[PDB]
Trainee: 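Below is one structure. I have some questions about it.
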Amino acid sequence: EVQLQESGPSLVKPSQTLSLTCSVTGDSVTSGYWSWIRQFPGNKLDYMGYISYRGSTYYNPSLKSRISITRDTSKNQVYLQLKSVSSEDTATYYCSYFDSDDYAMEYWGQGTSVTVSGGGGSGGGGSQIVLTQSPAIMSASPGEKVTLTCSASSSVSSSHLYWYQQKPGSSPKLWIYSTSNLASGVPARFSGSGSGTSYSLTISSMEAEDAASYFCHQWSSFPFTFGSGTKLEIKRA
Ligand SMILES: CN[C@@H](C)Cc1ccc2c(c1)OCO2
């Protein structure tokens with residue numbers, strides 16, 4: 001009921017100002033937030049910030065000085081602006097929409113990759129909860145019961161702990177909301193559980209289509225964060 005697409009340069013030179021556009025299409029909305037989230041090579045996800053239905057903005061302290069997210073209702077678009085880019089800003093950028101009143105769904109765009117002309121070598125200050133996913137890579141044969149864990153460095157509200165599945169050439173899809181609730185499109189063979197600083201995702205019976213990457217997410221404390229991630233594979237060469 002809502003679709004998003006990112007557009008902008010695929011390569012930028014240092015010091016230049018990276019600019020991206022998020023074209024939103026679908027039903028109108030009476031609330032919510034539009035976030036920008038980027039993914040670096042290695043697939044680590046970084047929450048950049050958002051702009052709400054009412055224009056309120058929030059930036060990850062780590063980008064504070066260089067970022068700005070603006071909206072343009074008339075043409076149903078939201079923007080990303082990032083100054084003083086460096087090789088550390090190279091990553092595929094995604095925009096996403098979420099309605100606080102509907103914890104169960106999230107919309108992500110295709111994600112346009114952006115690079116910075118090789119090289120690159122500033123005033124935030126903040127704290128954040130670290131999410132650790134071990135093991136990093138895993139193989140299981142079809143039929144095995146699989147369990148993935150997410151360890152938080154500090155307690156988080158279990159209702160704000162989410163899981164995501166992602167496959168090559170595609171963006172993250174909401175898999176589990178509020179520790180143990182499956183999202184739309186998820187086979188019931190999946191389940192989640194946990195509390196405090198300990199959570200886990202479980203697959204009762206491993207299917208070939210479950211091979212992909214899984215990331216846990218925390219939005220109990222600002223800035224929201226994502227886990228290192230677990231890449232799951234199927235055995236048999
Ligand atoms: C579950 N994914 C998160 C990142 C969606 C989101 C974005 C902004 C919001 C909100 C939730 O809570 C308050 O500000």
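Index from 1, following the sequence. Hydrogens, waters and symmetry mates play no part in the numbers below; they use all other heavy atoms, side chains included. The deposited model was determined using X-ray crystallography, 2.4 Å. Counting convention: from 1, in listed order, for ligands and their atoms alike.
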Trainee: Please tell me which drug sits at ligand 1.
Mentor: MDMA
Trainee: Any idea which macromolecule MDMA contacts most in this entry, and what the PDB entry calls it?
Mentor: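 Greatest contact count: anti-methamphetamine single chain Fv.
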Trainee: Considering only heavy atoms of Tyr47, which atoms of MDMA have at least one such atom less than 4.0 Å away?
Mentor: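 Reading through MDMA atom by atom, the close ones are 4 (C), 7 (C), 8 (C).
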Trainee: I was wondering, what residue and atom holds MDMA by a covalent bond in this structure, if anything?
Mentor: none
Trainee: Looking only at protein heavy atoms, identify the closest one to atom 2 (N) of MDMA and say how far it is in Å.
Mentor: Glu106 OE2, 2.7 Å
Trainee: Provide the organism of origin for chain A from the PDB annotation.
Mentor: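 By the entry, that would be Mus musculus.
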Trainee: With heavy-atom distances below 4.0 Å as the criterion, list the atoms of MDMA near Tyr162.
Mentor: 1 (C)
Trainee: For atom 14 (O) of MDMA, tell me which residue out of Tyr50, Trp34, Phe226 has the closest non-hydrogen atom.
Mentor: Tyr50
Trainee: Using a strict cut-off of 4.0 Å, indicate which atoms of MDMA neighbour a heavy atom of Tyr164.
Mentor: 1 (C), 2 (N)
Trainee: Tell me whether MDMA is touched by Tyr177 - counting only heavy atoms on the residue side and a distance under 4.0 Å.
Mentor: no
Trainee: Specify the protein heavy atom at minimum distance from atom 11 (C) of MDMA: its residue, its atom name, and the distance to 0.1 Å.
Mentor: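 Protein heavy atom with the smallest distance to atom 11 (C) of MDMA: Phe98 CD2, 3.4 Å.
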Trainee: Quick test: of every protein heavy atom, which one is nearest to atom 4 (C) of MDMA, and how far off is it to 0.1 Å?
Mentor: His217 NE2, 3.4 Å
Trainee: Show which residues surround MDMA within 4.0 Å on heavy-atom distance.
Mentor: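 Using heavy atoms under 4.0 Å, it comprises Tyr33, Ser35, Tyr47, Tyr50, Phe98, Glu106, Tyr162, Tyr164, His217, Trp219, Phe224.
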Trainee: Would you mind listing each N/O atom of MDMA next to any protein N/O under 3.5 Å, plus the distance?
Mentor:
unit_1, atom_1, unit_2, atom_2, d
MDMA, 2 (N), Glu106, OE2, 2.7
MDMA, 2 (N), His217, NE2, 3.3

